[PDB]
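The structure described below contains streptomycin.
We number each residue from 1, following the sequence as shown. Atoms within each ligand, like the ligands themselves, are counted from 1 in listed order.
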Amino acid sequence: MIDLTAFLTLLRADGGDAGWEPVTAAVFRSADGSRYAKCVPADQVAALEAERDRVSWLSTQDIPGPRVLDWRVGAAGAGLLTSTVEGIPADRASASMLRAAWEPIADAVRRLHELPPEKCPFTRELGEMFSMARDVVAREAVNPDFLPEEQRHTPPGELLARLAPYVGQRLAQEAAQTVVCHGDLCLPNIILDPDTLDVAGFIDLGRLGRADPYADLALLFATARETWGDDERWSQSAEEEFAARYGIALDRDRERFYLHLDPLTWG
Ligand SMILES: CN[C@@H]1[C@H](O[C@H]2[C@H](O[C@H]3[C@@H](O)[C@@H](O)[C@@H](NC(=N)N)[C@@H](O)[C@@H]3NC(=N)N)O[C@@H](C)[C@]2(O)C=O)O[C@@H](CO)[C@H](O)[C@H]1O
């Protein structure tokens, strides 16, 4: 299922006894922890190339993220090698730790969302993402582990149908308020400095591009709620506070649309 023999061949090609090992189209890490690679089969190479481009371009935008170390291709696919963003993935933070980071994350994400969207070479706009969802749902390829708990036992065709009639309205809201989004702004993709709890950088950038800011905020808030836990009241305060620091007035219906669409878009 995972082409370790092809991928390794790519990674080992420059020698130097690096001790590449799989850590998940797989992700590998060097023995010394200083480099990662993402590798994909032949069929997915354009998608990985577009990720490479996103990472390379973001390095010219003064937004903290990895550097592209190498791009390697062969008959059995491609690999994208990047520098480690050192620190602790935000999903691994305790509540207290995530509270230390919370205003720094709002600042960092605000900076990303302040890039001029019409200057971004990349897009993850809704017409693209909705089309992807139609495809995944047609292929019966939705992973229910990604859905909201209360949706996991509903057929994804039904779940797509709940969203389908809102696409026009949501496109009009996206036109009105487009930003450059991270594109998968779940807590594991925000690395924290383990001493100051400022943001060290962003990782997993293959969906970077124009979209409604809620394509990012929906994921960030939902995944932070895994940390904040049973505390419904702190979770709402936390989101209001985030919204005030970041500079947006919460639109819950729009946030929910993005939360409910995202899972349908993977596979
Ligand atoms: C599909 N993309 C990845 C995945 O995203 C998921 C992720 O899905 C989560 C929830 O929906 C929730 O019900 C959740 N709830 C449970 N009751 N167990 C999670 O288990 C779940 N995460 C997961 N399977 N890895 O949280 C959601 C906000 C998501 O972004 C939906 O697409 O999960 C992430 C981390 O969990 C990754 O960072 C992603 O890249």
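- Counting heavy-atom pairs under 4.5 Å, the chain with the largest count for streptomycin is, by its name in the PDB entry, Aminoglycoside phosphotransferase.
- Every N/O-N/O distance between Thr223 and streptomycin stays at or above 3.5 Å.
- In this entry, the organism cited as the source of chain A is Streptomyces rimosus subsp. rimosus ATCC 10970.
- When each atom of streptomycin is checked for a heavy atom of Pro263 under 4.0 Å away, the hits are 32 (O).
- The shortest N/O to N/O separation between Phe146 and streptomycin falls below 3.5 Å.
- Protein heavy atoms are found less than 4.0 angstrom from atom 40 (O) of streptomycin.
- Between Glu149, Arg152, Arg207, it is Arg152 that holds the heavy atom closest to atom 16 (C) of streptomycin.
- For atom 5 (O) of streptomycin, the closest non-hydrogen atom of the protein is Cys186 SG, 3.9 Å.
- Closest heavy-atom approach to atom 24 (N) of streptomycin within the set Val142, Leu264, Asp145: this belongs to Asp145.
- At least one N or O atom of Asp262, backbone or side chain, sits closer than 3.5 Å to an N or O atom of streptomycin.
- Proximity of atom 36 (O) of streptomycin to the protein is not indicated, since no non-hydrogen protein atom lies closer than 4.0 angstrom.
- Using a 4.0 Å cut-off to heavy atoms of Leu147, the atoms of streptomycin that qualify are 11 (O), 13 (O).
- Of all the atoms in streptomycin, the ones that sit under 4.0 Å from a non-hydrogen atom of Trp266 are 1 (C), 2 (N).
- Atom 1 (C) of streptomycin lies below 4.0 Å from at least one non-hydrogen atom of the protein.
- Residues in other chains coming within 4.0 Å of streptomycin by heavy atoms are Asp145, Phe146, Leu147, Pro148, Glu149, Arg152, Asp184, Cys186, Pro188, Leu219, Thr223, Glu226, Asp262, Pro263, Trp266.
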